[PDB]
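Okay, structure first, notes after.
Along the sequence shown, residues carry numbers from 1. One-based numbering, in listed order, for ligands and for the atoms of each.
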Amino acid sequence: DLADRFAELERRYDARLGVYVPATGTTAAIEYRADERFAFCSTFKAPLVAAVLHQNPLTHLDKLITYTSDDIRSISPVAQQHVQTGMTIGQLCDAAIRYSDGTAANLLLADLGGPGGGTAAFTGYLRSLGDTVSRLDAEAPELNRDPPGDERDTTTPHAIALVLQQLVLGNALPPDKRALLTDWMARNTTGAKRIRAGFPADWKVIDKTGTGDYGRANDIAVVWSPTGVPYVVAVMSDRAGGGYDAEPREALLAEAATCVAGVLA
Ligand SMILES: *C(=O)[C@@H](NC(=O)c1c(OC)cccc1OC)[C@@H]1N[C@@H](C(=O)O)C(C)(C)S1
């Protein structure tokens, strides 16, 4: 039984684990704490890029955005390298997804615009996809820091899986924009030790990770079987029991993903 295995992992890693895989043609939903709230951490950047693509014509990807020293406030591997030239919206989407660049995500939120530095418009985008659960209230670094249990900047494995399903598998985006989002997540560099590690090499995996304080580690993916059957996999975790400086444990997500892969193979 899956739930027993997930509970064993919780004890092993002194963690709380949430998992959701939506029902398909022949499988019921897989769900473990799937309606409990977990911090978004950086996972919000995937639907953020979808919001920015949806909102604008494609030539918008070519708009140059400039920024300065005081815009660099969070882990930002790419944005730090280009501060002297600026970055296009396309480059910022690339960096936000593939390197989880925090400054890029902040600039993309500002591009969306409106109250709360774009957080309200981001939430509005989720509402338009039928997600009445998730909320973004702050930008980086603040959004990764809410105390355990706090509802600010949270989603649920259930809600975010259904969002990602509509973005990648459904018709939320036109095919040209859908393909851009799909490709960036396909080329993600931060996810090798999470959902990807739990699925065999002949399964295709696209994903977006998140990491925070209190041992927070998430990964949201779309996976395809070797025969092209897709499944959406949302895994979220925290380790409140070690306090603010509890280490995130990637291996917990790899093992949860291995357990899901075993059921889906
Ligand atoms: C978003 O989840 C980002 N996370 C952070 O910047 C972060 C930590 O990451 C080391 C640790 C504690 C707090 C925060 O947020 C202030 C970026 N995305 C993650 C990820 O994709 O797993 C990175 C690549 C580790 S940074």
Requested in this report: Please name the chain that forms the largest contact set with ligand 1, as given in the PDB entry.
Outcome: Beta-lactamase
Query raised in the report: Which drug or candidate compound lies at ligand 1?
Result: methicillin (bound form)
Requested in this report: Extract every residue of other chains having a heavy atom under 4.0 Å from methicillin (bound form, ligand 1).
Outcome: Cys41, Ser42, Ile75, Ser100, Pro141, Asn144, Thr190, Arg194, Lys208, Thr209, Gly210, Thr211, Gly212, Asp213
Query raised in the report: Can you list the methicillin (bound form, ligand 1) atoms lying under 4.0 Å from a non-hydrogen atom of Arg194?
Result: 22 (O)
Report task. State which organism the entry records for chain A. Result -> Mycobacterium tuberculosis
Query raised in the report: What covalent connection, given as residue and atom, links methicillin (bound form, ligand 1) to a chain here?
Result: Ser42 OG
**Report entry** Heteroatom proximity flag, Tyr99 to methicillin (bound form, ligand 1), N/O under 3.5 Å
**Finding:** no
Requested in this report: Identify, for atom 4 (N) of methicillin (bound form, ligand 1), the protein heavy atom at the shortest distance, and state residue, atom and that distance.
Outcome: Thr211 O, 2.9 Å
Query raised in the report: In terms of atom number and element, which parts of methicillin (bound form, ligand 1) are under 4.0 angstrom from non-hydrogen atoms of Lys208?
Result: 21 (O)
Requested in this report: Considering only non-hydrogen protein atoms, determine which one is nearest to atom 20 (C) of methicillin (bound form, ligand 1) and report residue, atom name and distance to 0.1 Å.
Outcome: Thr209 OG1, 3.3 Å
**Report entry** methicillin (bound form, ligand 1) to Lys45 polar contact by distance, N or O atoms, under 3.5 Å
**Finding:** no
**Report entry** Closest protein heavy atom to atom 6 (O) of methicillin (bound form, ligand 1), given as residue, atom name and distance to 0.1 Å
**Finding:** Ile75 CD1, 3.9 Å
Query raised in the report: In chain A, which residues that UniProt lists for substrate binding have any heavy atom less than 4.0 Å from methicillin (bound form, ligand 1)?
Result: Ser100, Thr209, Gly210, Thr211
Requested in this report: Measure the distance from atom 17 (C) of methicillin (bound form, ligand 1) to every protein heavy atom, then report the residue, atom name and distance (to 0.1 Å) of the closest one.
Outcome: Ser42 OG, 2.8 Å
Report task. Run the numbers for me: atoms of methicillin (bound form, ligand 1), each under 4.0 Å from some heavy atom of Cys41, listed by number. Result -> 2 (O)
Report task. Please write down residue, atom name and distance for the protein heavy atom closest to atom 24 (C) of methicillin (bound form, ligand 1). Result -> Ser100 CB, 4.0 Å
Query - atom 16 (C) of methicillin (bound form, ligand 1) [closest protein heavy-atom partner, distance rounded to 0.1 Å] - result: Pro141 O, 3.4 Å
